[PDB]
Amino acid sequence: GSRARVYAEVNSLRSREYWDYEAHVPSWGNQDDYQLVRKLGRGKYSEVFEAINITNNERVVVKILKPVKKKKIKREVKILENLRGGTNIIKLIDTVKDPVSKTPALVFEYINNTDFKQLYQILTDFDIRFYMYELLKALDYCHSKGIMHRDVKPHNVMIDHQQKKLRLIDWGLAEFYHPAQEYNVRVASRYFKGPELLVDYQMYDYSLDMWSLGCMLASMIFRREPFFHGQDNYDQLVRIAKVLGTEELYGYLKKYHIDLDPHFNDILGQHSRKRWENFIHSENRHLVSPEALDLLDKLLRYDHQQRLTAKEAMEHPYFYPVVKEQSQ
Ligand SMILES: O=C(O)c1ccc2c(c1)nc(Nc1cccc(Cl)c1)c1ccncc12
Ligand SMILES: [Cl-]
Ligand SMILES: [Cl-]
């Protein structure tokens, strides 16, 4: 019976065409205008290349979509359309097809990013505040647009640390939020899955993304990446419970009438809730402050309803130094 505290009805207040992505008819341009220069990587249903638009010499990336996944292609395309111009959202430049095979591809702006494993060990206190604030702008925007990203993780938060640019990428798992809708829990990377996913609670909302963001914040301020390093989905919840506590987990389950898979009985143990200060030591103390811990404590909560919204997080004192610099 759970619903989002913010933007709950926003899709129902829009035209059906906004959210009815199965009815969306993309305009497919011609991929022949793009020259592929380098393969960047591959996902389950996609492959990304650096490319040049031969008509204007612009560097872009091209994400070729395994064509069988028709509904999921329309979903990602419609979501990106709806997010057009959103702050710190990766810009979709065009939707194209190989004109012979008809295989579809998405063309995005190119971001010259610093890979996160290297970047996160050199961030300053101000840097973390700045980049988290910029990521929150993207999440507040997509949530306000009725969309849950559902795959927030370091790889999907591209950061150009020279130009101070951030983009939230890979909307392939994103979905429209509708009150009382039950969603597939097989979303997000293991380390970024909220407890709701790990306990099979399907009536989740935008607040899933705020758990994932909290995991990223913890990894940055404490220099433990990923912060909750489970070996599988069961162990992931155990790792969370060793920090947030087991009695606190059971109170969450009871509130939402959540059934707990009995395999957990043999592995959860009994764990006190830990103080966040327990994670401080000489290597991270310059990144941790009372305001960072207060914010983190309000994000990494079992109860998805009680987590801060992206807006509430942006309003937190931890970001005041960023707001002050962005106005002065
Ligand atoms: O899916 C998107 O929305 C998406 C959108 C933009 C980028 C992307 C994925 N992946 C990139 N790089 C990358 C690096 C390693 C593996 C893979 Cl598969 C991709 C990349 C690089 C530079 N500029 C934009 C992007
Ligand atoms: Cl779903
Ligand atoms: Cl721990």
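Sequence positions, counted from 1, serve as the residue numbers for this chain. Ligands are counted one by one from 1 in listed order, and the atoms in each one are counted from 1 as well. Values below: all heavy atoms of this structure, side chains included; hydrogens, waters and symmetry mates excluded. Determined via X-ray crystallography, 1.0 Å.
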Practice problem: Tell me the name of the drug molecule at ligand 1. | Solution: silmitasertib
Quiz item: Which chain is the largest contributor of contacts with silmitasertib here, and what is it called in UniProt?
Solution: Casein kinase II subunit alpha'
Self-check item: 4.0 Å heavy-atom contacts with silmitasertib
Solution: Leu40, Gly41, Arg42, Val48, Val61, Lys63, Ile90, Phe108, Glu109, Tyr110, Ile111, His155, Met158, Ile169, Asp170
Quiz prompt | N or O contact, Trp171 vs silmitasertib, cut-off under 3.5 Å | solution = no
Quiz prompt | Residues of chain A binding ATP per UniProt, non-hydrogen atom under 4.0 Å from silmitasertib | solution = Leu40, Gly41, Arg42, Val48, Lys63
Quiz item: Under 3.5 Å, N or O to N or O, is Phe108 touching silmitasertib that way?
Solution: no
Quiz item: Relative to silmitasertib, which UniProt active-site residue of chain A is closest, and at what minimum heavy-atom distance to the nearest 1 Å?
Solution: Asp151, 9 Å
Quiz item: Considering only protein heavy atoms, which is closest to atom 21 (C) of silmitasertib, and at what distance to one decimal place?
Solution: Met158 CE, 3.4 Å
Exercise. State the UniProt domain of chain A containing the majority of residues contacting silmitasertib.
Key: Protein kinase
Quiz item: Among protein heavy atoms, which lies nearest atom 16 (C) of silmitasertib, and at what distance?
Solution: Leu40 O, 3.5 Å
Quiz item: How close does the nearest protein non-hydrogen atom get to atom 9 (C) of silmitasertib, and which residue and atom is it?
Solution: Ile169 CD1, 3.6 Å
Quiz item: Hey, which atoms in silmitasertib end up nearer than 4.0 Å to a heavy atom of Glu109?
Solution: 23 (N), 24 (C)
Exercise. Report the organism recorded for chain A in the deposit.
Key: Homo sapiens
Quiz item: Among protein heavy atoms, which lies nearest atom 3 (O) of silmitasertib, and at what distance?
Solution: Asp170 N, 2.9 Å
